[PDB]
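Structure follows of ZK200775 associated with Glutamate receptor 2.
Below, read A as the first sequence line, B as the second, and so on, with proteins coming before strands; counting in each chain starts at 1. Excerpt of entry shown; contacts counted in excerpt. Order of appearance sets the numbers: ligands from 1, and atoms from 1 within every ligand. Computed over heavy atoms, backbone and side chain alike; hydrogens, waters and symmetry mates excluded. Header entry for method reads electron microscopy, 2.8 Å.
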Amino acid sequence: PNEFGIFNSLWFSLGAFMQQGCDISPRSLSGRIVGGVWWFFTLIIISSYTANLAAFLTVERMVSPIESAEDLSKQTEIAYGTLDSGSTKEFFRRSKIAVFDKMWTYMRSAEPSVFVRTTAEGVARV
Amino acid sequence: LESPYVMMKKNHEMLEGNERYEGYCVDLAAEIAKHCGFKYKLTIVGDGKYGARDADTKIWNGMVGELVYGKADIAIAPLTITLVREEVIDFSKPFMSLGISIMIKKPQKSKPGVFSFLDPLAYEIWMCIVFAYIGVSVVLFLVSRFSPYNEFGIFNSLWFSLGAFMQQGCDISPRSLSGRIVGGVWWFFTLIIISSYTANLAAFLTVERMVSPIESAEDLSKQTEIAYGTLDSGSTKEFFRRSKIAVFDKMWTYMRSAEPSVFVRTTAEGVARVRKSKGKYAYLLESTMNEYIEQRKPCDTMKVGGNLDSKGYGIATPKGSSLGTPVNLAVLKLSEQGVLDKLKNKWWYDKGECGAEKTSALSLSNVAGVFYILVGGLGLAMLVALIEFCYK
Amino acid sequence: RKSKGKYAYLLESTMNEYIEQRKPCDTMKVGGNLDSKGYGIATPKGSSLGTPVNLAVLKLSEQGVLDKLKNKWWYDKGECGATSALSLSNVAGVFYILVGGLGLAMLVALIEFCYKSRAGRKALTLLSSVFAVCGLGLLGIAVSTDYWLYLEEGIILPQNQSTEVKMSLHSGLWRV
Amino acid sequence: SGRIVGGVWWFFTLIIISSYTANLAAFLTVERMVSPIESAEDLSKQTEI
Amino acid sequence: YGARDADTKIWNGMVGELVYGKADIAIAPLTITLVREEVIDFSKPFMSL
Amino acid sequence: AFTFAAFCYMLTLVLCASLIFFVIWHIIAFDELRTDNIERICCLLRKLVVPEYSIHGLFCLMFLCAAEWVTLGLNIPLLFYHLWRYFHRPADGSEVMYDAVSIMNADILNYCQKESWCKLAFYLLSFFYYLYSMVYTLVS
Amino acid sequence: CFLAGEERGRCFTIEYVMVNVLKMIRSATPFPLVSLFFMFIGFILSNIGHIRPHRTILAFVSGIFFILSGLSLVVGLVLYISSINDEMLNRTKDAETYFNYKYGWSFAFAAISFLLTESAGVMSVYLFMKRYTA
Ligand SMILES: CC(C)CCC[C@@H](C)[C@H]1CC[C@H]2[C@@H]3CC=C4C[C@@H](O)CC[C@]4(C)[C@@H]3CC[C@@]12C
Ligand SMILES: CC(C)CCC[C@@H](C)[C@H]1CC[C@H]2[C@@H]3CC=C4C[C@@H](O)CC[C@]4(C)[C@@H]3CC[C@@]12C
Ligand SMILES: CC(C)CCC[C@@H](C)[C@H]1CC[C@H]2[C@@H]3CC=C4C[C@@H](O)CC[C@]4(C)[C@@H]3CC[C@@]12C
Ligand SMILES: CC(C)CCC[C@@H](C)[C@H]1CC[C@H]2[C@@H]3CC=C4C[C@@H](O)CC[C@]4(C)[C@@H]3CC[C@]12C
Ligand SMILES: N#Cc1ccccc1-c1cc(-c2ccccn2)cn(-c2ccccc2)c1=O
Ligand SMILES: O=c1[nH]c2cc(C(F)(F)F)c(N3CCOCC3)cc2n(CP(=O)(O)O)c1=O
Ligand SMILES: O=c1[nH]c2cc(C(F)(F)F)c(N3CCOCC3)cc2n(CP(=O)(O)O)c1=O
Ligand code: NA
């Protein structure tokens, strides 16, 4: 001791989730416990939506593409390799430059073999 | 035969001589021989032992037993410089320094609890939030009852302050000056607390940051959650037995008594028990194997802390050999020229299988305890109606 | 100790562990060692003492005596010791305004209640003149003075933060 | 005329309250990205200490 | 601690007092070095660093 | 430094300032009673007193959750005094009770006036006890 | 029951086999059984309310069992889903393999059954207010 039949109850709960709720508000203690735990539910859920979307858009903004061989030598998650013979493979084999000796150290020990056999095969793998 | 010291090379079937083998002590035997000027024959030991004097027959086995009894001229191997060996053979200076270390399982995403949603704010904040909620609700009640403008009894004050904190607005608002100072400062409090919940949650979800619970052997001694154990025999077993420091006596009274037995029988049994106990087993072993298994596949293990003792691996010769002095000066050449550091980086790290994004949707597990409170609050609201229906 | 974390010093491991345990407790040892060397007890290369000293070091090493003596002089005779969630120290000042605003509002409830229980054109004529003169005053002074923008453009030194200004200034709308 | 002043003050605070939460999330994320020195390879990369 | 002056080829310090008879033993933080091990006899390391 | 226990002492300076205002109003009400009146000082007192309990009853559950066992223990003698006046001696009443229908016949009039100065003496000592341990927990 | 990887057509039970998530779905097992109990209690107390309407309280209490059932689905389905996601997390992350869990038409039937007994919960309470005002 209504205003809170089933269709006004669906509208209280819809406006409480969207955090937009002006209408009737519950006046009994038992109607204010259900109102109060649904208010705390949406405070966590709406904050989790904004915080996980901010986590997505920040990580998608941190993404640096490859633009150097020092970016290849650091990022050991994109694989890289040369042709199985010729001047390009013998370049890294003979190199005494720091970034190029790191790339040959990665390439000579990599499973499976990053060395392609034809230029058409290496463009295929990319 | 020990990795990365001597490993049989992949196609050792079609090879013969000193080139069937590879490893650290093969690359080291090459360096010792070109500085001392000799030709060598790499010869894997018989027994498979490192060397120990038998308690009954007084006969040395292993690589020490081949140097004492004449079957070998040098033992370029991970052979630990100890007291009982130095009395029968001659070591050089240590080419590698090492000790007892801790192997734990590499930490992971660490599955959430029930109240993991509370974690963007400390529990000392949440306790201050709850008691400031009753605080502003009593002060609303004091301000509105005495010196009235009410509609703001104690239960309409608890509902104004609950709706203000949850940012659900209100149905009634205070009309007097003093009720609007209470209401307006609690509004500003809510604005900072809800914004710093969302901001600190966005920081957590952006930056993964996995911390290990153990970072020292002092941290192992101050806990009984993670069970730590050595091998069943050897020198790591003997170290904790006869130790007297402060901490390794605590770590020994733990291991000797604990059921099930923390002492594994093989190194591979101890590594597997690390990988297959989800962060509850810490294996105590030498720091050279610990750094090698960390670089094998999978990437499931981790070395933590510093070493517990200090020992070294020496190159041994028979007592009275003419290689004893030049090999000793050969090791000190290879140390200071950075050769020994370079050979360790090749076989531990440059030939290391483990080397050295995309935010995922929140799973229901992360936020599941908010559903438990909700249905726990839906069922609590149906009891309070049942008591209200009986009492009226 | 005087570069706020912008300097790292490369020294031996045993001084780095010793200075870490000596007041002030400003510094810490990070990482593993960059090389591996050792301290030895030395003898004149023909002595009858180098062999018993060698077996003494290997005996004292395996009985924990060398680890006992290092804990004694680095750690036991030391001078120093030995969450990711947002803490109360960061949001402490919004609790001060809350408690300060609840105490203000109970003070207002006194001087409402005393005013309610105990109980025109002349007042507002008086107030809208003295607020209009002092409005003309304080803005009249402000646009005719040259103390709007204190501006420095000095340089720092890496020697106890020695500071030398070279372009200190105060400005207005019409004067610099 | 009372709803124009009400409406532009509603848009003012929608930007200001969102800017507070977004700049505080920028602070707490950058303070969480901070990696201290724990190796010589951390010194060789970070040429700011 | 001990070093060889390349002009004079003489040792100054604790390595000097061992090579030229003044000392009988040097219990000290003396680093086991290639150039020292040729002229004096070190024990095994009592401290690794 | 600011902590949860230091906030539990800040939050009870604010509400003990209300508790002394309940008692200054409680000594004036019985002084003005003797001068004149029953039915109004029935009703004016009866509304006051239940706030005075639960605010102090808040302090019991606040220093229990703050782990302040000396401070919770010093609120115990006022607490168990308060349970007696409402569970066993709020004489019959039944509007709220206690400073209600039972006025003159004058023996409770002396008992209330001894109580009314005993409340103020406890609350003025509680105010400086709370102000001291506020400054204690903040500085330390 | 297995298929297409060691395709054993033997439908193994959960107790006579030994995956850690298969013990985790044991924890989320009683709640679809408490839900099915409250639907059967609320149904046999609705039929009494159709054949003996002289006491009207049969309809309202059977509405309560229809609503306590659906709240026991939600706690069960949150427990069921969260037990999967916890064990998909506690595995050795290797990018040379893949994992894939899905739900089937038995999970869907337990999800739709929430909607039908919460609708039977509302309609039993509105049926009580029709009987009580008459
Ligand atoms: C905490 C759990 C275990 C049960 C608590 C419920 C009971 C004990 C409490 C909750 C607060 C009390 C309320 C007191 C005031 C109102 C108003 C009254 O008109 C009827 C009942 C009603 C709505 C409540 C009855 C239930 C009550 C006596
Ligand atoms: C209304 C009154 C009686 C209740 C308590 C007053 C509080 C809110 C006031 C009193 C004066 C303020 C102090 C101001 C100076 C210091 C220094 C500051 O670094 C932190 C807080 C601290 C230690 C005080 C905290 C309490 C303070 C913010
Ligand atoms: C810190 C203090 C000085 C600020 C508090 C403001 C108090 C002192 C003053 C401001 C002037 C007074 C106001 C004057 C006008 C109205 C109209 C009157 O019918 C009652 C009170 C009321 C609503 C005000 C109450 C507050 C009042 C008594
Ligand atoms: C009256 C009813 C609706 C409220 C309480 C009953 C039931 C439905 C619910 C609500 C929240 C639930 C708890 C949630 C957390 C844990 C942890 C979970 O690993 C299993 C179950 C367990 C141990 C609980 C089981 C019972 C559970 C209490
Ligand atoms: N993820 C997540 C999440 C989602 C909603 C609400 C809270 C969290 C959450 C937050 C935090 C946290 C911690 C510090 C600072 C900021 N956030 C932690 N956790 C969490 C995750 C796994 C295990 C335990 C807690 C969480 O689950
Ligand atoms: O003189 C040389 N000129 C080369 C010119 C080219 C071309 F790019 F096509 F012009 C190429 N290719 C590289 C790319 O795929 C197609 C063949 C190889 C050449 N080589 C052998 P390499 O340099 O040892 O590999 C030479 O020797
Ligand atoms: O001289 C010794 N050198 C040793 C060298 C190594 C290795 F690290 F592999 F080089 C090991 N292992 C460590 C882990 O268990 C498997 C092998 C044991 C050695 N032991 C036996 P322990 O020290 O008594 O255990 C010696 O005696
Ligand atoms: Na961010």
List all ligands or chains that belong to ZK200775.
ligands 6 and 7
If a contact means heavy atoms under 4.0 Å apart, which other chains contact ZK200775 (ligand 7)?
B
Extract the binding site of ZK200775 (ligand 7): heavy atoms, cut-off 4.0 Å.
B:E2, B:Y5, B:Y50, B:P78, B:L79, B:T80, B:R85, B:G234, B:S235, B:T267, B:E286, B:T288, B:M289, B:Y313
Going by UniProt, which numbered transmembrane segments of chain B, first one at the N terminus, have a heavy atom less than 4.0 Å away from ZK200775 (ligand 7)?
none
Measure the distance from atom 17 (C) of ZK200775 (ligand 7) to every protein heavy atom, then report the residue, atom name and distance (to 0.1 Å) of the closest one.
B:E2 OE2, 4.0 Å
Write out the residue and atom name of the closest protein heavy atom to atom 7 (C) of ZK200775 (ligand 7), then the distance separating them to 0.1 Å.
B:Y313 OH, 3.4 Å
Under 4.0 Å to a heavy atom of B:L79 - the qualifying atoms of ZK200775 (ligand 7), by number:
1 (O)
Under 4.0 Å from any heavy atom of B:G234, which atoms of ZK200775 (ligand 7) are there?
24 (O), 25 (O)
Closer than 4.0 Å to some heavy atom of B:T267 - which atoms of ZK200775 (ligand 7) meet that?
14 (C), 15 (O), 16 (C)
Would you mind running through ZK200775 (ligand 7) and noting each atom that sits below 4.0 Å from a heavy atom of B:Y5?
10 (F)
Among all protein heavy atoms in this structure, tell me which lies nearest to atom 25 (O) of ZK200775 (ligand 7), with the distance rounded to 0.1 Å.
B:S235 N, 3.6 Å
Top protein contact for atom 27 (O) of ZK200775 (ligand 7), by heavy-atom distance:
B:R85 NH2, 2.8 Å
Looking at atom 18 (C) of ZK200775 (ligand 7), what's its closest protein heavy atom, distance included?
B:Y50 CE1, 3.8 Å
Tell me which UniProt L-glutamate-binding residues in chain B have a heavy atom less than 4.0 Å from ZK200775 (ligand 7).
B:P78, B:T80, B:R85, B:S235, B:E286
May I ask you to list the atoms of ZK200775 (ligand 7) that are less than 4.0 angstrom from any heavy atom of B:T288?
8 (F)
